[PDB]
Amino acid sequence: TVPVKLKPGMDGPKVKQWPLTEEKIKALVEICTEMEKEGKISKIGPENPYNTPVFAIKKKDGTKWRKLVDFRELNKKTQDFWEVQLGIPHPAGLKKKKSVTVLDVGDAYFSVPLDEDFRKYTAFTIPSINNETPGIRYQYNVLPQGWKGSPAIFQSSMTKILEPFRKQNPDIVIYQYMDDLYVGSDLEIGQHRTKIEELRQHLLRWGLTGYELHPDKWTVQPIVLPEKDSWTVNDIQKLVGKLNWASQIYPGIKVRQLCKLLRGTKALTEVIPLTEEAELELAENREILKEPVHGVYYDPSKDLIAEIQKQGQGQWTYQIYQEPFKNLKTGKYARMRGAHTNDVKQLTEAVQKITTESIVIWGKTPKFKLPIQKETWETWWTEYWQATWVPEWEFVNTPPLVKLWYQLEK
Amino acid sequence: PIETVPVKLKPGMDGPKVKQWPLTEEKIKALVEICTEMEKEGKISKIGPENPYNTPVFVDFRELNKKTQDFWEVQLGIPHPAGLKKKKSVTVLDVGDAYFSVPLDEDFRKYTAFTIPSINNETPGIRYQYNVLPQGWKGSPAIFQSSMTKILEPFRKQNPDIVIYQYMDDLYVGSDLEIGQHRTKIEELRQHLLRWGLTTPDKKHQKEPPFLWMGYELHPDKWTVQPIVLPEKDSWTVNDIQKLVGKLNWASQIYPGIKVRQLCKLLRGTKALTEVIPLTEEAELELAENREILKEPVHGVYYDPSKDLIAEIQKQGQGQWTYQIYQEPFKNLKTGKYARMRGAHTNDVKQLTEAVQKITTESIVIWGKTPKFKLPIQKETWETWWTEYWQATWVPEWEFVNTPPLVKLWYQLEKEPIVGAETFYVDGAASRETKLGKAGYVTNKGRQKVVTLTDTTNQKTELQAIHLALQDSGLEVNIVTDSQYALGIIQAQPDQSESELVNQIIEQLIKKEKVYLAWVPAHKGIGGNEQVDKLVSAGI
DNA sequence: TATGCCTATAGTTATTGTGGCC
RNA sequence: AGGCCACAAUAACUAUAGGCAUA
Ligand SMILES: O=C1Nc2ccc(Cl)cc2[C@@](C#CC2CC2)(C(F)(F)F)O1
Ligand SMILES: [Ca+2]
Ligand SMILES: [Ca+2]
């Protein structure tokens, strides 16, 4: 056991519970009754003012319902414990590997007891249909999934169990974040699956219990300009408008010679031939887009931001940055192929994929800027959600210029 | 053995040390007789100079409640009669000895101390403190419900076929069993409550099926609100309109066709309690028809878990939508009046989707499942809008229904420039000093026109320029502008009173066959745009 | 950098009213 | 020596993100 205290000045988490479906509530009651008998959670009265949101998700391997508790609010109030007092070290060599496999070890925290005085802050309420019943109340007696302090306390017992694995393979890198474990290796396809099982069989020695990543294949695709045989006034006007906006991102871009092609009032269909200066300016502008831009560096003191744009026809583009117009990582997530996909599902699959990439390279979850309404997102996001983490998100407007620029990306 | 709940105070303050008000003698003689009975029963106990804390008796716990710790919500959202299930027999139970049966935390009992006024000029007096839950206390309804939930648990498990709902002190019990079997099970519930010391009315003292709860008159098969009667003709004042809106919003849950926007437009004015705001012809028009809706009595239907939920949307007017949710035709469960154009403008398709999203969330709270929608919009229009729009959304199940006021997308701009069409370079400039602006256009053919305006901004002058570009042009038109604002509005479909100019441009674009609109960066030296800018900013 | 004027996303504290309650 | 709950309207503070105009 270990004493845990809040950040001085701030009180415990007091968040309103979001309404859930009749099927989801009944599923949560079944799980909470099982955990109550096991000694994981206990019923508490109305004297506890603190509350934490609870949602129901579904898994693929287990195929059954999983309980997800949104500790986003509480994690901001207990940030000094798991970052300053007991911080998890992050290496800069995990981002360079041939194959990376992710495993869930969330059931490991369901054994180590929680601090008595801190048990009251992990309280959560199960909502009722049309508020017929007052609402069932529970609090965690052990380390909960989704709380940042859980891997911080288990860290002292996690390093000792991974020591026989680290001494066996010195060149293989391992990293722990939240309830997920990240293992990277430079081994072959048949070799990778066997070596992961060697660590998986080691987990059973302690007692606790198509998903494969390629971090070397995350190479940034450059923005390519339209290769046209014959240019019209309308083709230049659309190009100049996009390139002038892109000048604040790439300082080398100039539109001076392209603007001199338009002299006086002209029709949009009017065919403008490109001169010696116009061709040489455009060709050099293509070279700046291919080669990475200077002045882009990661800063640990600043928060990470991720913005996603809807392009239509099953195409989504995204940018990862700390400061505006200075992107560290760009690309486009088109679609999960064929079957059944909507605007929410394609966005949900993108957010989870961007978050996973952020943990491998940096080890921090980015602030998500979503082109969706708050009420629309908060209702349907739980249906296609699988991961235990919860990224901090905001809902904003998408400009027309940023949408038309990142579609030229290959 | 009614298990005491541990209660503490707020971190940095002791109990109330507020002194008593001047003695009356007329009320003191009566208070002694009541307090002695409460002491004899075991509700309160005598104390001396021990207790420093005091509470005034009228007992007003206004100062203590602010010092008492925060308790989690008893019941935030109230149950809607539409979400309840249809039952054969229903029974209500008014619990006597409610707060008296449940004892208070022994350590907290000293903060509930109250002193009786003296007989003759500040004489020693008699002091008491609550041993049980007091009336008008912050944690009294919270602990009482928590204690009641633990008592009902064994009965709920033994009888899952029956449904018991708890509200404050009253208990609502309903089942699908016969009147003979139902009456027997209520007595078995009473004997279980009597074990803990909870007084409940007998068979003859029980209330009949017409229950009055939260303004609703409840029945086993249907539900209805109390008849709404309002003061009428003569010129009413400002807050009387606010009282009228409060009644119409209250009636909106059952009465489908309710229009309240014109009364809200009259309340857009500020201040005086007796302004005596007169009516406009359009305001009294929707008020007179709302009187006709409230004439014929209507009723609501209960929820059946077997049948699917069906919701229907109708566009009644400008920024106004009405919905009725039903499982069986003509048998409505709950209606609404969604008209939340939040002082903005928006459109028709997105505003319909914002209506759908509110009902979807409403159905999760009330019934616990998503309803099937029947919208007044075609699948051809829905797909065209949401593919070109940046914002993502999803409606899983919806169908098309033809209603007299259909939702119609007016116009679509061309994706590519039009051949043979006259090119119109357009620009507008204005200064906030004196508020003077100019709007003009320059064509590739040679023709041009510049005008001057009064009381205008840069956003208005650029919008006026395109109006002139559509006024003097033919059918196929190519328009070029340097504003992201002017481009953004026309690319959307503003269905509102976005002031005069916008409605004229929309009306102009319907008349035209094909229109292409493009954007260029300002002050970049682009041919065409440079010539217009010099003309509009000549005196600015 | 400031203020006025546009778009979009998201909220907060007060009043008044309707329906209820202590 | 009115408060609490649900919904609605009015008012006020709006905050964030992007943009235009002038300075
Ligand atoms: O499921 C419902 N069905 C129902 C139908 C009619 C009536 Cl009058 C009452 C109910 C009930 C509820 C009630 C609480 C709202 C007051 C009952 F409390 F159990 F009665 O339960
Ligand atoms: Ca009130
Ligand atoms: Ca700004």
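Protein chains get the first letters and strands the later ones, always in sequence-line order, with residue 1 at the start of each. Below, all heavy atoms of this structure are taken into account, side chains as well, without hydrogens, waters or symmetry copies. Recorded method is X-ray crystallography, 3.3 Å. Order of appearance sets the numbers: ligands from 1, and atoms from 1 within every ligand.
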- Can you identify the drug molecule modeled at ligand 1? efavirenz
- Which partner chain accounts for the most atom contacts with efavirenz, named as in the PDB entry? reverse transcriptase/ribonuclease H
- Query: Counting heavy atoms under 4.0 Å, which other chains neighbour efavirenz?
  - Reply: B
- Covalent bond partner of efavirenz: none
- Query: What molecule name appears for chain A in the entry?
  - Reply: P51 RT
- Message: Quick one: what's the binding site of efavirenz if I count heavy atoms under 4.0 Å?
- Response: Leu84(B), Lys85(B), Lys87(B), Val90(B), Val163(B), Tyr165(B), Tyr172(B), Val173(B), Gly174(B), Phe211(B), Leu218(B), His219(B), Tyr302(B)
